[PDB]
Amino acid sequence: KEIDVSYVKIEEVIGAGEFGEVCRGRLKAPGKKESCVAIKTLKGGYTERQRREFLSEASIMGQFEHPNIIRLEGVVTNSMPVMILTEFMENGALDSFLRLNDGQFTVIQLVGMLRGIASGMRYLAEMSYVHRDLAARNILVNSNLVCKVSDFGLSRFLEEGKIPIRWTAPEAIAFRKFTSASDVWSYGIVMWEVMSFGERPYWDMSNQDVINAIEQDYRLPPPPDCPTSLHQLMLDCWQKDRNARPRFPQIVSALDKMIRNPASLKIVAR
Ligand SMILES: Cc1nc(Nc2ncc(C(=O)Nc3c(C)cccc3Cl)s2)cc(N2CCN(CCO)CC2)n1
């Protein structure tokens, strides 16, 4: 959906992306009220291949419509600079948002965030889309604490960017078989990131140390104050046999049960 350049106002540069700046702005189109948008720009000095990779994210995002998936507003391609516009997520990336707010949200709030992420993933799996880079740094958060999946692209990993080892299921590392079940492994890592308020998975371990540890049956321990039932769900996501892991509909169901029976979240390890 091509957007007339005159409908777009850039207000402030708010971050740095893979291909250039990330901005906050306003979109005002005839017959519609003004709305806030995030804007990524691609400025001159790039290869034609880079332009396609940049715009591919908009093509893929535009295939989806779900409250926990970032919404595309449109693109600017018949003019320079090239732009992609989405809904504006006032709290930015989830991992840094939680680090800024360490210990300041309740267990029930954290579970609600995890439920939104799992609902977005349930939708992607139903659409036969495998994310491959599910991580808290790729979840965006709005003013109401709603969490939405971002970072869309179908390009192969370098070995087939590099494979994100700490988030990746062991069969995907070893054999490059990426499936919704490998995204479930990654989702378990995201759960650990959320319940630890943005700690780095596996701390200072090297990538090869992580690979070897997982093969030797190590799994991340419960974060401080984490309900045991949430850590058990993490362990279920981290089963070595991909066919034994829960599927995303089952994950959403488990989180919904916790929200409805919050007394079950009181048990914590000693
Ligand atoms: C970098 C950043 N993004 C924010 N919100 C975003 N919403 C949507 C974004 C976005 O990337 N969409 C998008 C995607 C996903 C793909 C292609 C194209 C596009 Cl356009 S980025 C907020 C933010 N903050 C800075 C720090 N704090 C403020 C100061 O205290 C909190 C807020 N920082």
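Per the PDB entry, chain A residues shown: 608-767, 780-889, in order. All ligand and atom numbering here is 1-based and tracks the order in the structure.
As PDB records put it, the drug at ligand 1 is dasatinib.
By contact count, the main macromolecule holding dasatinib (ligand 1) here is known in UniProt as Ephrin type-B receptor 4.
In this structure, the binding site of dasatinib (ligand 1) at 4.0 Å (heavy atoms) is formed by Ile621, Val629, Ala645, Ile646, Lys647, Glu664, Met668, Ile691, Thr693, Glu694, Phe695, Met696, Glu697, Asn698, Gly699, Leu747, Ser757. Residue contact check: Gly699 has heavy atoms under 4.0 Å from atoms 4 (C), 22 (C), 23 (C), 32 (C) of dasatinib (ligand 1).
For dasatinib (ligand 1), the UniProt domain of chain A with the most contacting residues is Protein kinase.
There is a protein heavy atom less than 4.0 angstrom from atom 16 (C) of dasatinib (ligand 1).
Per the entry, the organism of origin for chain A is Homo sapiens. Among protein heavy atoms, the minimum distance from atom 5 (N) of dasatinib (ligand 1) is reached at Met696 O, 2.8 Å. The ATP-binding residues of chain A named by UniProt that have a heavy atom under 4.0 Å from dasatinib (ligand 1) are exactly: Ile621, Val629, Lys647. Of all protein heavy atoms, the one lying nearest to atom 28 (C) of dasatinib (ligand 1) is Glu697 O, 4.8 Å.
Listed by atom number, the atoms of dasatinib (ligand 1) under 4.0 Å from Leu747 heavy atoms are 8 (C), 9 (C).
Residue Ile646 approaches dasatinib (ligand 1) through these ligand atoms, each under 4.0 Å from one of its heavy atoms: 20 (Cl). From dasatinib (ligand 1), the nearest residue that UniProt flags as active site in chain A, along with the heavy-atom distance to 1 Å, is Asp740, 12 Å. Remark: atom 30 (O) of dasatinib (ligand 1) lies closer than 4.0 Å to no protein heavy atom. At least one N or O atom of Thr693 sits closer than 3.5 Å to an N or O atom of dasatinib (ligand 1).
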